[PDB]
Amino acid sequence: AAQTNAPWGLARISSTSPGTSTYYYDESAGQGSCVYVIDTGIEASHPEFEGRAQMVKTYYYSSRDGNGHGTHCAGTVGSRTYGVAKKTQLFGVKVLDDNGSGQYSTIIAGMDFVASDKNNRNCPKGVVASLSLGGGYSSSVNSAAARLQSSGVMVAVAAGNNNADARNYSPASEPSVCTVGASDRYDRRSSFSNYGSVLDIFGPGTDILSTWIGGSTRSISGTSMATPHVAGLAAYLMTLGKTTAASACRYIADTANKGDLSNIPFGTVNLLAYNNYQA
Ligand SMILES: O=c1[nH]c2cc(Cl)ccc2o1
């Protein structure tokens, strides 16, 4: 399939070159996979989700997204226009308040929730979790991310937006999950993106158009925006049978565009997520 006039990040993950505007992908489109978006919630009623999104858990007075951040990330995973995996099922877990903040103890509870809740969902092709959040290093937060991964969920986490070494942030610093840095439309490391040996992959993160609350859309930037590209990519590849939750991060690194990004510090991977789709 080909989506013309796609957001640049979509076109980028199906391209060997920057500077194109069509997204190419296999029509299976993540059908039969599921992606948990652990964030501020999802506006599931947005027409862009086509009934494929739902809230499954909140730790606050509402499961509605009063911020927009979770809806934007969910849109990059799987919305019809802005999404990598356009037929995946989306499950929202609201661990962050409407100001985008959440306690680590709630975030941990949300991760253990997904590890169990996947057994209450139909995801024959596999399960992904997208975690566009983090704070300072915590071994308990990292351990929760490792349990979720161990349970058979492909965990993608944001590297963080401090222009710093991601070793000092969690869950970014957990080795067993997929830590995602941010790039821009000219194949430059995003100005804010964290870096370091713990990063596994980069995805599009600067000026990313996606869904927003109020049935709207907007373009925002962050490693929070790169992470759902990788999570949607994993769901898409698992539906194709090319990889599994346990192997998907290594597979995406194996199949990435290599050495194409600028301003990558020495010792940080120079790998850009790529679906390797041949139309
Ligand atoms: O301190 C922070 N803020 C963060 C935001 C994201 Cl998306 C990831 C890690 C973080 O660490």
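Note that chain A carries the PDB entry numbering, so the residues on display, from first to last, are 1-279. Atoms within each ligand, like the ligands themselves, are counted from 1 in listed order. When reading the values below, keep in mind they use all heavy atoms of this one structure, side chains included, and skip hydrogens, waters and symmetry mates.
- The main binding partner of ligand 1 here is, in the terms of the PDB entry, Proteinase K.
- From the options amiloride, alafosfalin, chlorzoxazone, MDMA, the one located at ligand 1 is chlorzoxazone.
- Residue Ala172 places every heavy atom at 4.0 Å or more from chlorzoxazone.
- Of the protein's non-hydrogen atoms, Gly135 CA, 3.4 Å is the one closest to atom 1 (O) of chlorzoxazone.
- The PDB entry identifies the source organism of chain A as Parengyodontium album.
- Per UniProt, the domain of chain A home to most contacts with chlorzoxazone is Peptidase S8.
- Here's the thing with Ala159: none of its N/O atoms is less than 3.5 angstrom from an N/O atom of chlorzoxazone.
- Among protein heavy atoms, atom 4 (C) of chlorzoxazone sits closest to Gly134 O, 3.2 Å.
- For chain A, the active-site residue flagged by UniProt that comes closest to chlorzoxazone, at the heavy-atom distance given to 1 Å, is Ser224, 3 Å.
- At a heavy-atom distance under 4.0 Å, only backbone atoms of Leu133 (N, CA, C or O) approach chlorzoxazone.
- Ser224 OG, 2.9 Å is the protein heavy atom nearest to atom 7 (Cl) of chlorzoxazone.
- Residue contact check for chlorzoxazone: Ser132 places a non-hydrogen atom closer than 4.0 Å to it.
- With the cut-off at 4.0 Å and only heavy atoms counted, the binding site of chlorzoxazone comes to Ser132, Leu133, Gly134, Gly135, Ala158, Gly160, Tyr169, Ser224.
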Any protein N/O atoms within less than 3.5 Å of an N/O atom in chlorzoxazone? List the atom names and distances, or say none.
residue       : atom   : partner : partner atom : Å
chlorzoxazone : 3 (N)  : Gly134  : O            : 3.1
chlorzoxazone : 11 (O) : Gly134  : O            : 3.1
chlorzoxazone : 11 (O) : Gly135  : N            : 3.3

